[PDB]
**Student:** 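Structure uploaded - Taxol bound to Tubulin beta-2B chain.
Going down the sequence lines, the chains are called A, B, C, and so on. Note that chain A carries the PDB entry numbering, so the residues on display, from first to last, are 1-429. Just so it is clear, chain B uses the PDB entry numbers, and the residues here are 1-441, in order. Residue numbering for chain C follows the PDB entry, covering 391-735 in order. Heads up, header says this was done by electron microscopy, 3.2 Å. The figures that follow rest on heavy atoms only: side chains count, while hydrogens, waters and symmetry mates do not. When a ligand or atom number is given, it counts from 1 through the structure's own listing order.
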Amino acid sequence: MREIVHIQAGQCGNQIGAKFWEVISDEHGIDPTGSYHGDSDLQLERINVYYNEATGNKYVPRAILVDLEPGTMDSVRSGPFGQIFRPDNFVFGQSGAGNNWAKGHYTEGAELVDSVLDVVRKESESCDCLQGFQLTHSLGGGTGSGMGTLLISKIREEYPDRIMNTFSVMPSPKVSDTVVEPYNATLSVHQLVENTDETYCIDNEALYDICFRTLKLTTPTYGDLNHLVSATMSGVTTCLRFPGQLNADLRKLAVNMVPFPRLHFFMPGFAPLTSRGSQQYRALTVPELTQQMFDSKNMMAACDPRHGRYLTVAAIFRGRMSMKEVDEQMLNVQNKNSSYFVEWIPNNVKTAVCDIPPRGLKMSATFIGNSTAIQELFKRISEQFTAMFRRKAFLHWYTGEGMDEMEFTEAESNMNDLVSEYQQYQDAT
Amino acid sequence: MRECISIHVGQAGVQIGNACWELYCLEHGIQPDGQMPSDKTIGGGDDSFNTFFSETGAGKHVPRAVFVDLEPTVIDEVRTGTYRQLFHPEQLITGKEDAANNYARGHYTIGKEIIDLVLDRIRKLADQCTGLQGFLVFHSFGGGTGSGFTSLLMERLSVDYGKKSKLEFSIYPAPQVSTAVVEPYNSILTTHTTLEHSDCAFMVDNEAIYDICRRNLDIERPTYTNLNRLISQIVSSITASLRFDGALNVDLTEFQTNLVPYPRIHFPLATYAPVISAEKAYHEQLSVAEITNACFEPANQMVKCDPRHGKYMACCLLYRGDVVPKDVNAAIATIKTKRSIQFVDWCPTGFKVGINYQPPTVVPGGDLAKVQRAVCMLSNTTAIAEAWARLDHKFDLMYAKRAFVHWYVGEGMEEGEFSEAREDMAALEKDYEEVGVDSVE
Amino acid sequence: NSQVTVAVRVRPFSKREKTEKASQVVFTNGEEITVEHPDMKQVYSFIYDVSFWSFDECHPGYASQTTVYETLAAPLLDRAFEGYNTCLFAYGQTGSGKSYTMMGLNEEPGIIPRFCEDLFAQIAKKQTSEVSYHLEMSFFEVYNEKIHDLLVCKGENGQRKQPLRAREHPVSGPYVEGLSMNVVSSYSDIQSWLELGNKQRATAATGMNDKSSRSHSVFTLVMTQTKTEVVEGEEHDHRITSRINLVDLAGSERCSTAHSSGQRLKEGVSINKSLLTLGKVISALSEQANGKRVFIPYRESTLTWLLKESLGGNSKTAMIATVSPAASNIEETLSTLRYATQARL
Ligand SMILES: CC(=O)O[C@H]1C(=O)[C@@]2(C)[C@H]([C@H](OC(=O)c3ccccc3)[C@]3(O)C[C@H](OC(=O)[C@H](O)[C@@H](NC(=O)c4ccccc4)c4ccccc4)C(C)=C1C3(C)C)[C@]1(OC(C)=O)CO[C@@H]1C[C@@H]2O
Ligand SMILES: Nc1nc2c(ncn2[C@@H]2O[C@H](COP(=O)(O)OP(=O)(O)OP(=O)(O)O)[C@@H](O)[C@H]2O)c(=O)[nH]1
Ligand SMILES: Nc1nc2c(ncn2[C@@H]2O[C@H](COP(=O)(O)OP(=O)(O)O)[C@@H](O)[C@H]2O)c(=O)[nH]1
Ligand SMILES: [Mg+2]
């Protein structure tokens, strides 16, 4: 059966994957020991998509946690679902990157890529058939960007027929949790565009505004944003694990949501998102979910979709529903809002409906979109970059580790050309 | 004897076949364990009719069918559901990975080394059949399995067996509604290969059945397990003369001889009598005239194409239940008297007639109502060119930029294989525009 | 930009093809090049900017080798002489007439040798002691979007062909890291280099025939001009460079009649993708010449990437297709002509 290998690069990768396994176990009925404690016989039929079996009816996940400087690894082992992971898969070296793309692609990444890829082969060759891989990292910073991109390159050199699906946290417009963000983001995009099939551009400000406006939360920590991102992660790969009326997968979404290979940067979203009081004052139905989905305040990309046209979008539904209502609503969205849709694609939407919803809901939807508003996530990066590169601001730390300015100009040149390919379809034709 | 193999391909065909067999088992008397206490209580008769069901010595009845999807998430419902104990355990999944909506993987990358099993089971299920023959492929234009695997299987069965009546009850893409952004390519790519080998392919569209189901059956929130049952009723009205006794029978080659004037124009439309709900079954007569006048009503057509922009090359009317021929003849005459139903001058006859006695069954927990008569129309008209003129336009928009094409060339396929498959469909449209013109002496 | 010049050529019947008496499917009426199936059904028409007929030595407009040079390749030297770059792409399957067209026979020269010899003639004619001329040669190949060198003599071991990589200079443009470059003064040198290059090129013995091609070859000349003598100190100030790129592509080979599996299938995908993107680029540039607003996908492949300063800008580009007139090769002829038409529009 189809299978995924997850990798966790960077603090964020490891701060999100924990919450993702906490959600998969909740759906599949596994405890910290690995033991099955479910209720239905439909949680174990396709458990192989994420987990491997063990001796005493225990289940071990296929995680490979690579992080230079073992500080963030130690936090997992002293956590709820830390003692289910394989200790042989925790691969970490000391002297962390230091938010340097050079110290996580060239020196220490090169030290620690062989030990990572060994476990990759160990886990992959023990799969019946393999579909693709999965990685969670944060651009702008160090480890997660550089080491992640290095692993992606090595793997797509080894296994190119298979999917590499990165779920990447991106920089924000106003907040700057890290000062060398544009440079690392530029280099990471230059390495991801050529070596990726579909990546998802999560952004933190959008998640904060989702947590404050819709959820009406007052003290939203990181576990809540990771909760939203895990939600989406789980929903994408549902139709491999559970059955339904119109089954989807990663490769159908890839063949459909990607008209040209370089435009594989999407905006995600999750839907039923309500407050603890406003769930008695609505009605879960397909139209309410679609309205929550196409709204600009449930997308995670920090990019208002109304500043550009949708090239393609996808809705993965979960629950007992009616395909008539689904298609009628997705057609009304096209016929009303045609100015936000592209004309050389007659139907810009697809659908996917599973039959098994989450542990405590009747309906659920995830939303994905390839748009042209994503310009304003990279144009800014190409403006922060050149304001810093024109004066050689944060540079000597990177030249000092066996690098050159040519690579940086190249990466800038590649991001700008991406922005041009996007702008080509933002005026009506 | 007489026999008909039923092949299902993809997730459209499986979910349809499940409904079809839920209907067939209840019509004949079989229960999901294969056994038949009806015979043990009655003590005779071929009611376990040998067209669809092979019979062992232990009283079981195992049906003549295969079904493939290249992904086990679908058929593993059958290996777990109610019909576990009925169907042969050879349900040839080889679904290590799906066809991802491309003809490219359904035709060559994940097609080769798997079709051999299908052809082997077909050889094993044909040599057990010393009778009339003909195969029924159930697939959907638009998938990677409904397109390429179908085009691969028919081009091989046209070598292995040859002069046999092959048929295809295929799902058709709706104009506006569609659940994929690639069906315009798969549709015409499949039509290129399945226009020379096949003999008569009946087409059905989801939007038509959806629009029917609220207007008549009063369902505003329908699903896929309430259109697949109507599809099974159509298949049963098509395949009933093989099984049940009747006043005027029509077999498999006859649909192929009446409704296919030229080799290439073998793509008609279908209808039934769904003005019939549980409450509206009363308040209504359901005569032969009233039901047959639902033929020419575009509101009851099962493919989105108004026939009043075209003419009828041929038509076939299969009647079930309590029907008397003069009622059918009055219906046909009342139809011909009208001027909204145009007919090609090279066909003044126009119609077939086929009558059988066994009425349709009610799949319990269902929407349709008990009837004393049912009707099916199979109509070859020149209107469906319009229903293709949209598809060949969509192609011509997204093939201008060469969009969604690198995924197909990535799984072994030429970029000049779409220009060669789009230059044949325009010829077919031109053929329809040619035959529909009346001759000037 | 300037008008990409597409051209065709219909080779004559071969010796065996005339002995076995194969039929004729492709006809011409001046500019029109139509294709009549023997007995099936409708005829497909095709129209191009230039058309060459080489079926028999009677017809008006028999385009021999000299006419092919003098109508397509000759003015490209002129623009290659005024400092502007130029590219000529060949396209066609095996058994269609590329090697007879581009290189040719020792008694019937192709386009490459006439190019080089007319070059050297115009060089030595103008070679005063105030205006010099330097030439620089190179030869490489794309195999599964990996750039390999061919002048490099290899050792007898396992995988020795080192894959070089591309890089973008902010001023010059895209280029190759480690592609050797050699000086040339006599075409004998170019021949002794090109034979050595072709002997190393990737060419698998496909089930149809042994001699084929599974890699895209590029043959680059650089023409450097030292026209500079200032009247104040007699010292060289400026220096023009022009790039000439003669490219030999590979065939479609749809994996359908040729059940391929393994390394002979990945090559297919690479070739088809490169041809799908190059046609896209040439179409977008043809639209760019027509005063519209278009984006040229240059980074979706390698050849489109390295040849980016030669195609666009104030350049001039050329393409030659080769088609067989027999009836057994109708699918390949159609696949080539349709491709060429897409390049045109
Ligand atoms: C009956 C009912 O309405 O209770 C809900 C509830 O009130 C709300 C507030 C829940 C609640 O969600 C949150 O509180 C929340 C807070 C911050 C950030 C994100 C979520 C709920 O906690 C969440 C919880 O939903 C789940 O448990 C899902 O399975 C969820 N998984 C987990 O929550 C989880 C469990 C263990 C460990 C880690 C995560 C899930 C989400 C997506 C995909 C798969 C599973 C449920 C029913 C509720 C509460 C409990 C209040 C909602 O949960 C979601 C996203 O499904 C938010 O929208 C739904 C419905 C309601 O608004
Ligand atoms: N009427 C009807 N149509 C269906 C049903 N299931 C799927 N379809 C249609 O068929 C198309 C789905 O493509 P499929 O042919 O199922 O794809 P597939 O055959 O599963 O093969 P893949 O494309 O590889 O998944 C959609 O356009 C649906 O409208 C069904 O139960 N009934
Ligand atoms: N969502 C989320 N983001 C985080 C978390 N921790 C760090 N980040 C993000 O990661 C970025 C910093 O990169 P970081 O992972 O620390 O660099 P690294 O240590 O080299 O991998 C910042 O932009 C943060 O927004 C977390 O727990 N949750
Ligand atoms: Mg499927």
**Student:** Hey, where's Taxol in this structure? All the copies, please.
**Tutor:**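 It corresponds to ligand 1.
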**Student:** In this structure, which other chains have a heavy atom at a distance under 4.0 Å from Taxol (ligand 1)?
**Tutor:**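 Based on heavy atoms, that gives A.
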**Student:** So what's the organism behind chain A, according to the entry?
**Tutor:**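 By the entry, the source is Sus scrofa.
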**Student:** Which residues would you count as binding Taxol (ligand 1), with heavy atoms within 4.0 Å?
**Tutor:**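 Within 4.0 Å (heavy atoms), the residues are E22(A), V23(A), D26(A), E27(A), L215(A), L217(A), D224(A), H227(A), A231(A), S234(A), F270(A), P272(A), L273(A), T274(A), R276(A), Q279(A), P358(A), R359(A), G360(A), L361(A).
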